[PDB]
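Below, a PDB structure including DX-2930.
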Amino acid sequence: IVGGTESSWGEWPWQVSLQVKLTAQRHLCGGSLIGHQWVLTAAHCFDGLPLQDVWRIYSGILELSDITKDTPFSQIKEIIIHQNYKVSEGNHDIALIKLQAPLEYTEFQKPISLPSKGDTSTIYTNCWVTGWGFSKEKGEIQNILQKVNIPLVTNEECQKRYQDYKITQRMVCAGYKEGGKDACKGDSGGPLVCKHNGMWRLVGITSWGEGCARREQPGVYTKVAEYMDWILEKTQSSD
Amino acid sequence: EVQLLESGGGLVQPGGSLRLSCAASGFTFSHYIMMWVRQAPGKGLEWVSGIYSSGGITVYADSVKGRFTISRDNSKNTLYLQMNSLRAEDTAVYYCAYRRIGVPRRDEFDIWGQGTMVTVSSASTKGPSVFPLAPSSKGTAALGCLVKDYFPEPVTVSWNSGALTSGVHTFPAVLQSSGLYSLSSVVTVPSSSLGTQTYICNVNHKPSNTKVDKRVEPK
Amino acid sequence: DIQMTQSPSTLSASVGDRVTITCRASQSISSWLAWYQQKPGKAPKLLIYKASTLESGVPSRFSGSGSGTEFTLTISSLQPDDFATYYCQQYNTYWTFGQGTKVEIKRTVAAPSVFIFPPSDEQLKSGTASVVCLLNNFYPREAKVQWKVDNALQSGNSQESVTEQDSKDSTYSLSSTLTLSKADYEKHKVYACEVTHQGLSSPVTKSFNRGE
């Protein structure tokens, strides 16, 4: 996150860190807890390492430096990548992760609500993006979970800044005209949440973008409301 | 970050073969086009080979087509360049480079290695002959050392064991048609100093383990 | 092959200048053009891709434009870190690099001090004669050096070497080395190095006679 500030315990209790352990262990992506046994993230997080065994998922965590050899983590039982997602591209950039065991809820580990069928035409005005990504282009993974407030833009505005790509109705974009606040590398797969009628809703999944916090260069997010039939089918069907 | 480290460079004879490796380290979800690029001494960058996807199109510049083979061992996370029927003109620094496939994800389009030196020559390893460039009999005077007929690079030159540095110019070496290198090192000093001051060039050539000190005097 | 031509080949500038470099392709490459910076002895660094997109981490003073066959790189305000060689690269079909544009430090004209050195006796007895002409601490780089043996202009038997811009005074130095067999050397009397350069109100000649 560029231009953000430190989050607090309990502030974003759905935020998870998806890490890979080979010889060394590294944070690769964010994700969002959406049920006891379900995390929602970006499909692209699995382009390089598509197999489940190397992944470790940390929840109820503020500071990555708190992780030690003994820190408990969830494991991946199933990765469900959208059937129309193409590796390395921006369409249908969404994946469900089923955990090997269900997690209990606490005030520091609980789910983000998904958008409601009633809120199809809602214009969201208090939106935030979180993660442990770089605080500048070619920076470093941040220790304490960062947060930043970013306004949504229209798809037409977003398309003006991405002439080489197609912005679709299944994407949503967010950014400031003069830049300065944005997601960056390592935030991908994490949440874009907006507070509507007193509750937080998962509106986006951090997906792609050119640079970080550049002027007239919004971030692109998978628009979660457009995948609700798919989420409910894949989850209900699995359990 | 994702990082690339080349190895396998060295000295080979014309007609010989050599295999370069480029080992990738780090974790990433990105896929990459993988290239080898080279740069001959004092020349521009020249792309020579690439592989566009896993077991995909392998392609070659005409300058190396039929002699070089590019490949990947994904289990070792390593890119190779097998070079056969090598020639003098293949002498260069070789770089591996990765280029990002697909949409930008707050990340880099290019990743480059550090480079590895390949020298193709039939020359025999030999320390330089050092000859004086004597200050002329006819303000400021110039003198030097001609450091001739050595192989391979590099040599180092100092003056008065490192005590004289101001106004020294050691020229880049030139590859002669013989296949041996030559350079001069010069220095400008006061004319009034030529009679009283001692000037000695110290020429070291690690490859032949030779050190030569040569006194440079008015003729 | 798609051939890439950069212009100019060298350009002189000062910190704070706006600098523009051009790259031409022999056929259309759409917008599949990248720009690189390279310093001596180092791997190149990507600046710009798809003609005008800024690479991750690259300062915003760098920008690019063009499509088809003619492209420019612009540095809006040159910084000390920016003196380097710049290469364009087409990636329409494989990769091809341009020949490069060196961006060097501009300063006032400075004439070379010119010195000629005869071959040593030590070297002669081994059968080869090296005659060295030194042009010391000059600016700009462009300089013509001609060898004359008994007034006959030499050709094909000399090699030049040049230093990088001096870190103190931003000048160049250059050597021209004429190589002859001992036999040929001994066949002639007058050995002359003639240099032409902007800092000289007319060409300067330094010489010696064999054996004086």
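The chains carry the letters A, B, and so on, in the order of their sequence lines. Numbering of chain A is taken from the PDB entry, so the residues present carry the numbers 391-629, in order. Here chain B follows the PDB entry, giving residues 1-138, 143-223 in order. Per the PDB entry, chain C residues shown: 1-212, in order. Hydrogens, waters and symmetry mates play no part in the numbers below; they use all other heavy atoms, side chains included.
Taking every copy into account, the model assigns DX-2930 to chains B and C. The chain with the most heavy-atom contacts to DX-2930 in this structure is named in UniProt as Plasma kallikrein light chain. Note: chain A touches DX-2930 mostly through UniProt domain Peptidase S1. By non-hydrogen pair count under 4.5 Å with chain A, the winning chain of DX-2930 is chain B. For A:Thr596, no part lies near chain B (DX-2930); criterion is any non-hydrogen pair under 4.5 Å. The nearest of the UniProt-listed active-site residues in chain A relative to DX-2930, at the least heavy-atom distance to 1 Å, is A:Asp483, 3 Å. At a 4.5 Å heavy-atom cutoff, the contact between A:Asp572 and chain B (DX-2930) is made by side-chain atoms alone. Between chain B (DX-2930) and the residues A:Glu600, A:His434, A:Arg604, A:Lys476, the largest count of heavy-atom pairs under 4.5 Å involves A:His434. Measured between heavy atoms with a 4.5 Å cut-off, the epitope of DX-2930 on chain A contains A:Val410, A:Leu412, A:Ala414, A:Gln415, A:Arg416, A:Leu418, A:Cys419, A:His434, A:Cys435, A:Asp437, A:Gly438, A:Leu439, A:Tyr475, A:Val477, A:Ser478, A:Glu479, A:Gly480, A:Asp483, A:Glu527, A:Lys528, A:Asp554, A:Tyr555, A:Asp572, A:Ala573, A:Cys574, A:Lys575, A:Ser578, A:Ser597, A:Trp598, A:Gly599, A:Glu600, A:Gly601, A:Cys602, A:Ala603, A:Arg604, A:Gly609, A:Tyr611. Using 4.5 Å as the heavy-atom limit, the residues of DX-2930 facing chain A are B:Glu1, B:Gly26, B:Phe27, B:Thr28, B:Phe29, B:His31, B:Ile101, B:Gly102, B:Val103, B:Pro104, B:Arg105, B:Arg106, B:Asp107, B:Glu108, C:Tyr49, C:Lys50, C:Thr53, C:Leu54, C:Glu55, C:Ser56, C:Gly57.
Lab note: entry names chain C as DX-2930 light chain.
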